[PDB]
Amino acid sequence: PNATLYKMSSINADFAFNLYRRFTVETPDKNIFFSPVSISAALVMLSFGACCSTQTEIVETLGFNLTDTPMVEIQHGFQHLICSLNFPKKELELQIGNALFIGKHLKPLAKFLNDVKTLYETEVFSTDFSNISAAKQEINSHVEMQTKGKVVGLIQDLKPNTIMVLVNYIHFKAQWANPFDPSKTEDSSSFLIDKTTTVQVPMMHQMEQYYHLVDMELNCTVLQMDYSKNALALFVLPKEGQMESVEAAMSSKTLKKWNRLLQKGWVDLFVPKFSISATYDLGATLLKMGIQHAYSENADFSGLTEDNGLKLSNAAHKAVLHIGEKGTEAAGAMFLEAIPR
Amino acid sequence: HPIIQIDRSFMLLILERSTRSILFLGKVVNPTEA
Ligand SMILES: NS(=O)(=O)c1cc(C(=O)O)c(NCc2ccco2)cc1Cl
Ligand SMILES: [Ca+2]
Ligand SMILES: [Ca+2]
Ligand SMILES: [Ca+2]
Ligand SMILES: [Ca+2]
């Protein structure tokens, strides 16, 4: 049902902004780009096979309160979420899915495999990790294929004793409801990257009716550009010197407020055409956030294999974005690595 | 009409409306970085 769905997404959005804020410390005054839903969906899948404090730590770190939303509701909500995101939408490409690469000698529970395959858009591959170089290439090429060539080389290093890899991928490709006319794009326009330094970017230009606002509390301009179906982009432009304050304030509550306040009217709009890429080593970050037992010699993944024979060792994310006159294409992938417990 | 010029650091969100999910989140400080 939808009440549970909207709860999952609000909790997921607050996780997104909290992780965003951790990134602003890890890589300060640098481009940030990730798929929050990819990261959340990967860890929820891992939690399906976890028990006791290993399981509770994962969903609590993702933002959930088990009194408010019991474990089984979380499981159902995410299963609903993935299903809804993947439902066919006219001229919107949106795919989110998982792949499990299980070592030849692991003893996975039929229950866990049947569940991920039928309820969580997962493909399961028996993988020979004794050829670690071949396994890395196999996983990287699969991710590349499922992201339409956009996420290349997700895994740079794979531990030699790896016995399981869980990957989530997301690919998104949509046209703007109002595409830009490339004859109006200014080939070299200035973009301020710090107080005394500009870079040159193509600047797209159109005068159109857009949902927009100035947030009078947060001192930022918000501009919404719709995609032709079910989806939108929000550009948040802080006033001079206010980026830090805006980053500190962002939450699901902010989006709920903007949903009400946004009003459609004429805007003379200038938007850059650009692409960016980002990568995150998330192992230590997720530990700091509260995922502890998953990494330990007493990791409880008794729902995943017969012998409870694995533990989490590493995690990483890669995401890419391209924005131009026709629309947006974005993709992301989350990698979780396991070794013998 | 009001002018909006995205010509300095900005945050970006891509959301899916029916689920109200944030699919992508980011900040663009230098759009020409490689
Ligand atoms: N999940 S949430 O609480 O962050 C959220 C919640 C809502 C909501 O309306 O409750 C929402 N509405 C659509 C919207 C907001 C701004 C532009 O479009 C979007 C989001 Cl991402
Ligand atoms: Ca400028
Ligand atoms: Ca028009
Ligand atoms: Ca806050
Ligand atoms: Ca607020």
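The sequence lines fix the lettering, A, B, ..., with proteins before strands; numbering per chain opens at 1. Both ligands and their constituent atoms are indexed starting at 1 by order of listing. Both backbone and side-chain heavy atoms feed into the values below; hydrogens, waters and symmetry mates do not.
The chain in largest contact with ligand 1 bears the name, in the PDB entry, of thyroxine-binding globulin. Of the candidates furosemide, belinostat, apomorphine, fasudil, chloramphenicol, what sits at ligand 1 is furosemide. By chain letter, the other chains having a heavy atom closer than 4.0 Å to furosemide are A, B.
The structure places no covalent bond from furosemide onto a chain. Residue-ligand proximity, A:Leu262 to furosemide, at heavy-atom distances under 4.0 Å covers atoms 16 (C), 17 (C). For atom 10 (O) of furosemide, the closest non-hydrogen atom of the protein is A:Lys256 CG, 3.5 Å. Heavy-atom contacts of A:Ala13 reach the following atoms of furosemide: 4 (O) (cutoff under 4.0 Å). Looking from atom 1 (N) of furosemide to the surrounding protein, the closest heavy atom is B:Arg20 O, 3.0 Å. The nearest protein atom to atom 15 (C) of furosemide, hydrogens excluded, is given as A:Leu255 O, 3.5 Å; this is a heavy-atom distance.
Atom 3 (O) of furosemide has its closest protein heavy atom at A:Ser10 OG, 2.9 Å.
Nearest to atom 16 (C) of furosemide by heavy atom, out of A:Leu232, A:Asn259, B:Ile22, is A:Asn259. The PDB entry gives chain B the name thyroxine-binding globulin.
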